[PDB]
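Class D Carbapenemase OXA-48 in complex with faropenem (bound form).
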Amino acid sequence: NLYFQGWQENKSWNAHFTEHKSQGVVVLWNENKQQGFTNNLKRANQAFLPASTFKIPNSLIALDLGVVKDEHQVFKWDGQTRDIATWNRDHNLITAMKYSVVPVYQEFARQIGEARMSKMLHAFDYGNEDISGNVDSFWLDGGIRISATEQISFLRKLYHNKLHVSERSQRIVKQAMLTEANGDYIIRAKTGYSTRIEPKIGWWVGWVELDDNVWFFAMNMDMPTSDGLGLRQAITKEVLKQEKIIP
Ligand SMILES: *C(=O)[C@@H]([C@@H]1N=C(C(=O)O)[C@H]([C@H]2CCCO2)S1)[C@@H](C)O
Ligand SMILES: [Cl-]
């Protein structure tokens, strides 16, 4: 039988959003204490399109089915010129995730296919597990929905290698999730920006590795234009600093 004390609501963190003239939620989970904290318990449980944060489960499935052989395999540019310059080149899994290269992952989705994608998402217990829409864009404008607290749940399984895919697939995706590391912490995370369907939100989900603990985080925020995308990380780090998790 699972046990859970509940999410504590700390409305103090709301200052970090209002002082940036913004609206959103940050959710934190203390792995050692098995305690969760948020500034907004309702928005914490509100489900949105995952957008580019779907690259995490998408990468795991592609690797586990052999669609992606390893983190060095090159997915060559299809020659279509797109709005994001870094997309108009060849990529491997590391760089495709760092530059959030959508057309590489849509190709992953097509090769995975509807049937296996649905079955894997059910095995992951991922969000609402609904892939209705185009096989290669349902996480951008289809039926799939996931909340900040469901993101923590999924990430916790990935951290402990508990997802129903190979340990190796999971190690590879956690490698590709690497975002920042120094003498004080490691951050493995994925950004996201949902623009195709309202409301337009930005995501940042992942976790902070310390010497003797892991803090999982999931945040999203209203994002009416791309000028505020940097706030996804800045607001989260302000909360991490306030709680003395990072210096
Ligand atoms: C993912 O959600 C989107 C890609 N991710 C980002 C991001 O910042 O996380 C890119 C931003 C950068 C300029 C505008 O989009 S795109 C994907 C769904 O487009
Ligand atoms: Cl690593």
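Chain A uses the PDB entry numbers throughout; the residues present, in order, are 19-265. Order of listing sets the numbers, starting from 1, for every ligand and every atom in it. Just so it is clear, the values below take in all heavy atoms, side chains as well, and ignore hydrogens, waters and symmetry mates.
In the structure shown, the parts corresponding to faropenem (bound form) are ligand 1.
Between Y211 and faropenem (bound form), an N or O atom pair is found at a separation short of 3.5 Å.
Near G210, the atoms of faropenem (bound form) lying under 4.0 angstrom from a non-hydrogen atom of the residue are 1 (C), 2 (O), 9 (O).
Each of the atoms 1 (C), 4 (C), 5 (N) of faropenem (bound form) lies under 4.0 Å from some heavy atom of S118. For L158, every heavy-atom contact with faropenem (bound form) shorter than 4.0 Å involves the side chain, none the backbone. Below 3.5 Å of separation, one finds an N or O of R250 facing an N or O of faropenem (bound form). Looking at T209 next to faropenem (bound form), an N or O pair under 3.5 Å apart turns up. At under 3.5 Å, a nitrogen or oxygen of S70, whether backbone or side chain, sits near a nitrogen or oxygen of faropenem (bound form).
The source field of the entry for chain A reads Klebsiella pneumoniae.
As deposited, the model links faropenem (bound form) by a covalent bond to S70 OG. Under a 4.0 Å non-hydrogen cut-off, the residues that form the binding site of faropenem (bound form) are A69, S70, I102, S118, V120, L158, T209, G210, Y211, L247, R250.
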